[PDB]
Amino acid sequence: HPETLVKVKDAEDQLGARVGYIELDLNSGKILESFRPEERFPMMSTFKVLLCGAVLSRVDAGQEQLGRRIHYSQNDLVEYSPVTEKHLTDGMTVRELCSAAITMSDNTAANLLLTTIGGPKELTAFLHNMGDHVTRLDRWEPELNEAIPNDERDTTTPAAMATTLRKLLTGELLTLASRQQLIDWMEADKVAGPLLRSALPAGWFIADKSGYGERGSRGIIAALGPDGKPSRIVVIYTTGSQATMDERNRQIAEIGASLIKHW
Ligand SMILES: *C(=O)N1C[C@H](NOS(=O)(=O)O)CC[C@H]1C(N)=O
């Protein structure tokens, strides 16, 4: 709808920064709306979804098992480690760590998961082999959140992420059991309250992953639809604004309110 685009433009005016936007039909993969679709934005914590997609790919092939227990130490703990800092004694399974990475955005969990697959480059190789020659992860947490302007490291485009997400959630890449583990983790997101979730009517489905970085970076990827069943993918990124966090949260909410009302 023109008026959802108008809200994206107004959000650009009021934040004083670039905003990338993609609305994708889950069934056919056709783009319903777009704004700056081929411009790069920092992925920030939204990459954790693509990371757990790579891990589930290894689980399918038998190179990884969801129950394998990983033991680490305080050393591996990096800033924002809400769950991993509580399991220094018993360790955590791959399944629990991916749950921590997506539902709580645990940073140490992400670094541990990156180690099991062979580092950021090997995640990029994973995305490359499924048809994403645009998205790239280059650094570990928390360095990947610097969001230096014009730096292409740890970036995606609204169109590339939205298509890759669609393949991960509904494509032929993962098995049915693996596809549902990723969507279940995303549905259990507990850190994207004031974003798209704030504008959701009762009975709607949402499975999302949010993120923020430096230089006013904020973003969300989401699978949502009415009556508890997803039907579209929404990708929203922004960077460059000197806005406070609560301000950036407000615009993504108004973008959410618009596309829900003109669903
Ligand atoms: C993801 O971008 N991050 C991890 C954590 N918050 O995730 S959230 O903003 O989606 O809820 C801390 C902030 C950020 C980071 N600096 O890693």
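For chain A, we keep the numbers from the PDB entry: what you see runs 26-288, in order. Counting starts at 1 for both ligands and their atoms, in listed order. We use all heavy atoms of the structure for the numbers below, so side chains are in, but hydrogens, waters and symmetry mates are not.
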Practice item. Look up the drug at ligand 1 and give its PDB name. Key: avibactam (bound form)
Practice item. State which chain has the largest number of heavy-atom pairs within 4.5 Å of avibactam (bound form), named as in UniProt. Key: Beta-lactamase TEM
Review point. With backbone taken as N, CA, C and O and side chain as the heavy atoms from C-beta onward, which portion of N132 lies under 4.0 Å from avibactam (bound form): side chain, backbone, both, or neither?
Key: side chain
Check your understanding: What do you reckon, does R243 have a nitrogen or oxygen under 3.5 Å from a nitrogen or oxygen of avibactam (bound form)?
Key ->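 Between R243 and avibactam (bound form) (N or O atoms, distance only) the closest approach is under 3.5 Å.
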Check your understanding: For avibactam (bound form), which part of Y237 has a heavy atom less than 4.0 Å away: the side chain, the backbone, both, or neither?
Key -> both
Point to revise | Heteroatom proximity flag, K73 to avibactam (bound form), N/O under 3.5 Å | key: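 No.
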Review point. Nearest to atom 4 (C) of avibactam (bound form), what protein heavy atom do you find, and at what distance?
Key: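 Minimum-distance protein heavy atom for atom 4 (C) of avibactam (bound form) reads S70 OG, 2.7 Å.
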Review point. Which species is recorded as the source of chain A in this PDB entry?
Key: Escherichia coli
Review point. Which substrate-binding residues that UniProt annotates in chain A are found with a heavy atom under 4.0 Å from avibactam (bound form)?
Key: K234, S235, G236
Exercise for review: Tell me which UniProt active-site residue of chain A is closest to avibactam (bound form) and the heavy-atom distance to 1 Å.
Suggested key: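 Answer (UniProt active site, heavy atoms, 1 Å): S70, 1 Å.
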Review point. Residue and atom of the covalent bond to avibactam (bound form), if one is modeled?
Key: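 The entry gives a covalent bond to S70 OG.
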Point to revise | Binding-site residues: avibactam (bound form), 4.0 Å heavy-atom cut-off | key: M69, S70, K73, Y105, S130, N132, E166, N170, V216, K234, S235, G236, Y237, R243
